[PDB]
Visitor: 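I have a PDB entry of dovitinib bound to fibroblast growth factor receptor 1; a few questions follow.
Chain A is numbered as in the PDB entry, which gives 457-486, 490-580, 592-765 for the residues shown. Header lists the method as X-ray crystallography, 2.0 Å. Side-chain atoms are counted along with the backbone in the values below, which use heavy atoms only and exclude waters and symmetry mates. Atoms within each ligand, like the ligands themselves, are counted from 1 in listed order.
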Amino acid sequence: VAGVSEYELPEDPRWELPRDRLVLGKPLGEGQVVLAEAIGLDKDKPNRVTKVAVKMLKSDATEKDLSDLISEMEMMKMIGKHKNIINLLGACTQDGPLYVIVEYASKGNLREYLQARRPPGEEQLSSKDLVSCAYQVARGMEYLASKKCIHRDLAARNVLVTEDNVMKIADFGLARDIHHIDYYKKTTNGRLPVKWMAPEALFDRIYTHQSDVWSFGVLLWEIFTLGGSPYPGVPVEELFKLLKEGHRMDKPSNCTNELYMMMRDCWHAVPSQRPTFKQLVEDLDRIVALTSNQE
Ligand SMILES: CN1CCN(c2ccc3[nH]c(-c4c(N)c5c(F)cccc5[nH]c4=O)nc3c2)CC1
Ligand SMILES: [Cl-]
Ligand SMILES: [Cl-]
Ligand SMILES: [Cl-]
């Protein structure tokens, strides 16, 4: 019935915020995700406005779309909070369309953030900064892994950056039918998501923490190329042939042998032999400390 659900959503007082406390703003992504101001999110501080992102359905959406948004909200409740993931902040579920209120990242996704900061052909990033960005993403993933969550689409596009340059993993709670994914469908930027997938996920559709580590390897490569496009110009069929032959991307120019070996370890052909996010956090912590910020 238009945008009204055939079913009705159960109340959850742990998370419910009155609709009139949410001042809706401009679109951020599509859909749909919109910037809003939330008044009195914290019940201790009722006079404060907090900038938040709000997920909601488009007028087109079906009961299945609603079901998927409810599922993401419920998984976010279960997973709990961490500094390096996008956290659930509240919901409006009653007497109107479902709003899922989550953290706002004012500097947008990591791919654009990195690209905007390439030297001109915007302040440049030091080696330490790039390695700290990798560190934070690995910490977010270590948390998610510890909570038994497999992301399935880890990539710079799904990492968001806050006003204080905190990296936050986004979209870890999405319901996806991996049988139905279009290998030829592209991101809005025109790149192919198959280029982040482990061979076992790609060929046999087996998704594991180990396949997420493969994706993290590609993400590391994205970071040290300042937002480079993996396997540029390569179509799906040729990607499959490259992976069956054991091809691996070349070492980026602005990158140490140790970090490249980390990337290659993430792309181990045998999944059991890849490092764990726990180990990656440990190795990256040591490297951050030993890497120069120039000065
Ligand atoms: C100066 N500035 C440049 C970066 N600018 C920007 C652009 C797009 C942006 N998207 C989000 C965002 C999400 N797309 C998002 C999601 F898809 C799921 C869950 C939470 C989310 N939180 C967000 O904050 N922030 C953005 C900032 C706008 C202004
Ligand atoms: Cl509906
Ligand atoms: Cl918590
Ligand atoms: Cl991308």
Visitor: By ligand number or chain letter, where is each copy of dovitinib?
Guide: ligand 1
Visitor: Of the protein's non-hydrogen atoms, which lies at the shortest distance from atom 17 (F) of dovitinib, and what is that distance?
Guide: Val492 CG2, 3.9 Å
Visitor: Considering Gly490, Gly567, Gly485, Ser565, which one's heavy-atom position lies nearest to atom 29 (C) of dovitinib?
Guide: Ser565
Visitor: At the 4.0 Å heavy-atom cut-off, does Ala640 count as touching dovitinib?
Guide: no
Visitor: Any nitrogen or oxygen of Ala564, side chain or backbone, less than 3.5 Å from one on dovitinib?
Guide: yes
Visitor: Number the atoms of dovitinib from 1 as they appear, then name those within less than 4.0 Å of a heavy atom of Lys566, with their elements.
Guide: 4 (C)
Visitor: Does dovitinib have a heavy atom under 4.0 Å from the side chain of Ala512, from its backbone, from both, or from neither?
Guide: side chain
Visitor: Side chain, backbone, both or neither: which applies to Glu571 and dovitinib if a contact is any heavy-atom pair less than 4.0 Å apart?
Guide: neither
Visitor: Tell me the contacting part of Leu484 for dovitinib: side chain, backbone, both, or neither, using a 4.0 Å heavy-atom threshold, strictly below.
Guide: both
Visitor: Run the numbers for me: atoms of dovitinib, each under 4.0 Å from some heavy atom of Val561, listed by number.
Guide: 19 (C), 20 (C)
Visitor: Heavy-atom distances under 4.0 Å are what count here, so tell me which part of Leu630 touches dovitinib: side chain, backbone, both or neither.
Guide: side chain
Visitor: Please determine whether any non-hydrogen atom of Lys638 lies less than 4.0 Å from an atom of dovitinib.
Guide: no
Visitor: Return a yes/no value for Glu562: is any of its N or O atoms, backbone included, closer than 3.5 angstrom to an N or O of dovitinib?
Guide: yes
Visitor: Provide the UniProt domain of chain A home to most residues in contact with dovitinib.
Guide: Protein kinase
Visitor: Around dovitinib, which residues have heavy atoms within 4.0 Å?
Guide: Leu484, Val492, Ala512, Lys514, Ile545, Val561, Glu562, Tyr563, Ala564, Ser565, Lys566, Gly567, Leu630, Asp641
